[PDB]
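Quick look at a structure containing UCN-01.
Along the sequence shown, residues are numbered consecutively beginning with 1. Atoms considered below: every heavy atom in the structure, side chains included; atoms not considered: hydrogens, waters and symmetry mates. Method on record in the header is X-ray crystallography, 2.5 Å. Each ligand, and each atom within it, is numbered from 1 in the order the structure gives.
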Amino acid sequence: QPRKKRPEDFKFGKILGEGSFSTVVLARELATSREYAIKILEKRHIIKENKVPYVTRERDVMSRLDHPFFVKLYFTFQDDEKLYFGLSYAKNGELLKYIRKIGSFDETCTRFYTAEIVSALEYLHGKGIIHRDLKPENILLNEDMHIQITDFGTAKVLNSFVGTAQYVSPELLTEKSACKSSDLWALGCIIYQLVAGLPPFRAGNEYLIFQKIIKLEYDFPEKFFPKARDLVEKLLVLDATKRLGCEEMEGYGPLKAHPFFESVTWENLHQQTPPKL
Ligand SMILES: CN[C@@H]1C[C@H]2O[C@@](C)([C@@H]1OC)n1c3ccccc3c3c4c(c5c6ccccc6n2c5c31)C(=O)N[C@@H]4O
């Protein structure tokens with residue numbers, strides 16, 4: 001394998017984002033000119049906050065990801081005080097950004113982008129890994145406009161966690177548990193948000209949001225594409241074992257077979273050219 005890389009091999013640039021225990025900075029490797037998104041974490045802050053298991057799990061899960069719709073971990077290293085993860089750089093940023101720019105997606109884009117996510121989850125769940133905090137802010141877009149799902153610091157590899165309020169599944173609020181269906185629930189929310197322009201469960205604070213979630217309290221606007229609406233209702237189901245896509249419902253075949261995906265060719269999605277937004 002190559003020599004361990006170090007800080008001096010890069011020319012760090014702008015900050016792409018900040019997390020609670022980390023900072024992601026765009027860096028260009030001097031010897032190759034390649035751009036990487038480097039996640040930086042302070043060893044002391046992690047130990048003081050008892051996050052070692054979390055950072056470790058994050059690195060282990062990312063090291064197993066080998067698919068075009070997911071972030072790729074190219075390398076890691078550390079100096080006396082910090083940990084460095086070398087990640088693939090998704091130049092176009094958050095999907096949420098596009099959602100806001102154009103308000104909402106027409107049908108061709110909703111279908112294309114939902115298909116990529118479904119295809120990514122099928123690959124993720126096939127390795128027995130669950131994200132647990134899937135959302136438009138975590139789904140990035142590469143230079144070609146294909147998705148790049150990242151942020152695995154909250155993943156579970158087949159109850160100690162609750163992601164973003166608006167995307168939390170009901171089982172998480174009434175059992176502290178979570179599984180593949182939790183991601184499918186988040187998927188439903190995301191599909192609803194692509195078509196409507198906003199997530200299904202909204203309210204003044206988290207308590208009120210959690211309240212609507214457990215009572216399955218949301219509704220579709222008049223325009224909502226019929227087939228997408230049907231898919232969403234089969235995803236936003238209170239009983240986790242009744243969601244289209246889960247093992248009890250027989251997996252991904254039935255989900256990918258949904259009428260909404262009728263015209264979709266699942267086989268080579270990352271080869272296809274994305275519809276313009
Ligand atoms: C809430 N959105 C943030 C957007 C911004 O910073 C964050 C922290 C968040 O992306 C999920 N962020 C991460 C968090 C955890 C792991 C990896 C990343 C990451 C990558 C990237 C980016 C990024 C690229 C372009 C604009 C904003 C970006 N942000 C990130 C990243 C990236 O390109 N590769 C890493 O996966």
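Bound to UCN-01 with the most contacts here is the chain that the PDB entry lists as 3-phosphoinositide dependent protein kinase 1.
The contact residues of UCN-01, taking heavy atoms under 4.0 Å, are given as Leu16, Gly17, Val24, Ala37, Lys39, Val71, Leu87, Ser88, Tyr89, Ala90, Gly93, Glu94, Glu137, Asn138, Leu140, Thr150, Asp151. Interface of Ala37 with UCN-01, defined as ligand atoms under 4.0 Å from a residue heavy atom, comprises 32 (C), 33 (O), 34 (N), 35 (C). Near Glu137, with a cut-off below 4.0 Å to any heavy atom, the atoms of UCN-01 are 1 (C), 2 (N), 10 (O), 11 (C). The nearest UniProt-listed active-site residue of chain A with respect to UCN-01, heavy-atom distance given to 1 Å, is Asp133, 8 Å. Among UniProt domains of chain A, the one with most residues near UCN-01 is Protein kinase. Residues flagged by UniProt as binding ATP in chain A that sit under 4.0 Å from UCN-01 (heavy atoms): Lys39, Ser88, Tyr89, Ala90, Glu94, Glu137, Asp151.
Residue contact check: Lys39 has heavy atoms under 4.0 Å from atoms 15 (C), 16 (C) of UCN-01. For UCN-01, the atoms lying closer than 4.0 Å to a non-hydrogen atom of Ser88 are 32 (C), 33 (O), 34 (N), 35 (C). Organism of origin for chain A, per the PDB: Homo sapiens.
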